[PDB]
K.L.:
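Lab note: structure loaded, ligand of interest is INNO-406.
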Amino acid sequence: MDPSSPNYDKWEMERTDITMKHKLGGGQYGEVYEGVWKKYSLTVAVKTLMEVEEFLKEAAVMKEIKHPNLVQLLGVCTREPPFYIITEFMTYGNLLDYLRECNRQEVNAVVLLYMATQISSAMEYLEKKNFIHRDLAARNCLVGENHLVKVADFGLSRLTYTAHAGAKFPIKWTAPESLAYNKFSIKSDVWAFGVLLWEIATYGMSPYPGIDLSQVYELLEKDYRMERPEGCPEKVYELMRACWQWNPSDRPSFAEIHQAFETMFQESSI
Ligand SMILES: Cc1ccc(NC(=O)c2ccc(CN3CC[C@H](N(C)C)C3)c(C(F)(F)F)c2)cc1Nc1nccc(-c2cncnc2)n1
């Protein structure tokens, strides 16, 4: 793009500079393909495409966020179709499958704590920027080298999720107020993070195992909560339970959650 042009957008890039390849993850992520940013011999993920409106809205949002633990936008091709959104490629894929397939001797308790800590840092940042994630879960996180974890948003509800409020929501990761009044806030993200902590502590088990979705709400309303997973430190579980406070205002903020994790991780890792 012309730096002098009235329409200059530093994020627009040459579609030709990308060598699109196979769909990413057997097509589990939808219209996202593996690609190579020629000029750098770099593997990247390229999401392509009247969801053109929603699409551009996503691109615009991604240009406003930068954090070491949030998937990194690398560039866009929204000059003309086909529209593109390019981000970095994370070597080991989504956190859910990673937890299920890892070497548990390698991904030990210190590492699980490290992952939680990185995720809360990303969420603390989003909190600060007044952004609401809406679908925080392990399936929406990426893992890189050296147990690097970044929060992403793959818009999976259209690709766990069940018909609800017109749309499709992951009932087991959704806060009560969100299920009841469709009220989404950073506090409902805080509830989802708690469930995510449970997913990590269990190396990727599905939440409320065996419990049918239709009973979840009522159960939550009657104060039922998932039990401390085997081997999950009491302090962590204590954090899970606080994130699951029935009233959002009673749930801790991400800054506070991050704070608590930093403390714990350094204590175990030293
Ligand atoms: C190609 C691509 C295009 C757009 C995004 N967007 C976000 O993650 C993405 C979009 C929007 C937001 C934020 N908004 C603001 C509020 C809004 N909600 C919904 C109301 C969400 C986020 C963030 F992480 F910040 F949460 C991420 C990510 C990828 N990357 C991508 N996609 C699938 C699989 C892989 C992949 C990479 N490496 C290895 N294997 C797989 N990479």
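The numbering of chain A matches the PDB entry: 225-273, 278-387, 392-502, in order. The analysis underlying the following values was restricted to heavy atoms, covering all of them including side chains, and did not include hydrogens, waters or symmetry mates. One-based numbering, in listed order, for ligands and for the atoms of each.
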K.L.:
Just trying to sort out this structure - which chain has the greatest number of contacts to INNO-406 (ligand 1), name per UniProt?
P.N.:
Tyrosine-protein kinase ABL1
K.L.:
Hey, which residues are hanging around INNO-406 (ligand 1) within 4.0 Å, heavy atoms only?
P.N.:
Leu248, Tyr253, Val256, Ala269, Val270, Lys271, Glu286, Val289, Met290, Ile293, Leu298, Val299, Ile313, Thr315, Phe317, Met318, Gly321, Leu354, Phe359, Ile360, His361, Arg362, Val379, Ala380, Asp381, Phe382
K.L.:
Under 4.0 Å from a heavy atom of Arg362: which atoms of INNO-406 (ligand 1) are those, numbered in the order shown and with their elements?
P.N.:
20 (C)
K.L.:
Among all protein heavy atoms, pick out the one at the shortest distance from atom 18 (N) of INNO-406 (ligand 1); state its residue, atom name and that distance to 0.1 Å.
P.N.:
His361 O, 3.1 Å
K.L.:
Starting from atom 30 (N) of INNO-406 (ligand 1), locate the nearest protein heavy atom and write down its residue, its atom name and how far away it is, to 0.1 Å.
P.N.:
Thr315 OG1, 3.0 Å
K.L.:
In terms of residue, atom name and distance, what is the protein heavy atom nearest to atom 36 (C) of INNO-406 (ligand 1)?
P.N.:
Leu248 CD2, 3.6 Å
K.L.:
How close does the nearest protein non-hydrogen atom get to atom 12 (C) of INNO-406 (ligand 1), and which residue and atom is it?
P.N.:
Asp381 CB, 4.1 Å
K.L.:
Which UniProt domain name applies to the region of chain A with most contacts to INNO-406 (ligand 1)?
P.N.:
Protein kinase
K.L.:
Using heavy atoms only, pick out the UniProt active-site residue of chain A nearest to INNO-406 (ligand 1) and give the distance to 1 Å.
P.N.:
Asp363, 6 Å
K.L.:
Which of the UniProt-annotated residues for ATP binding in chain A lie within 4.0 Å of INNO-406 (ligand 1), counting only non-hydrogen atoms?
P.N.:
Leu248, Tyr253, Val256, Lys271, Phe317, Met318, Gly321
K.L.:
Could you list which atoms of INNO-406 (ligand 1) come closer than 4.0 Å to a heavy atom of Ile293?
P.N.:
25 (F)
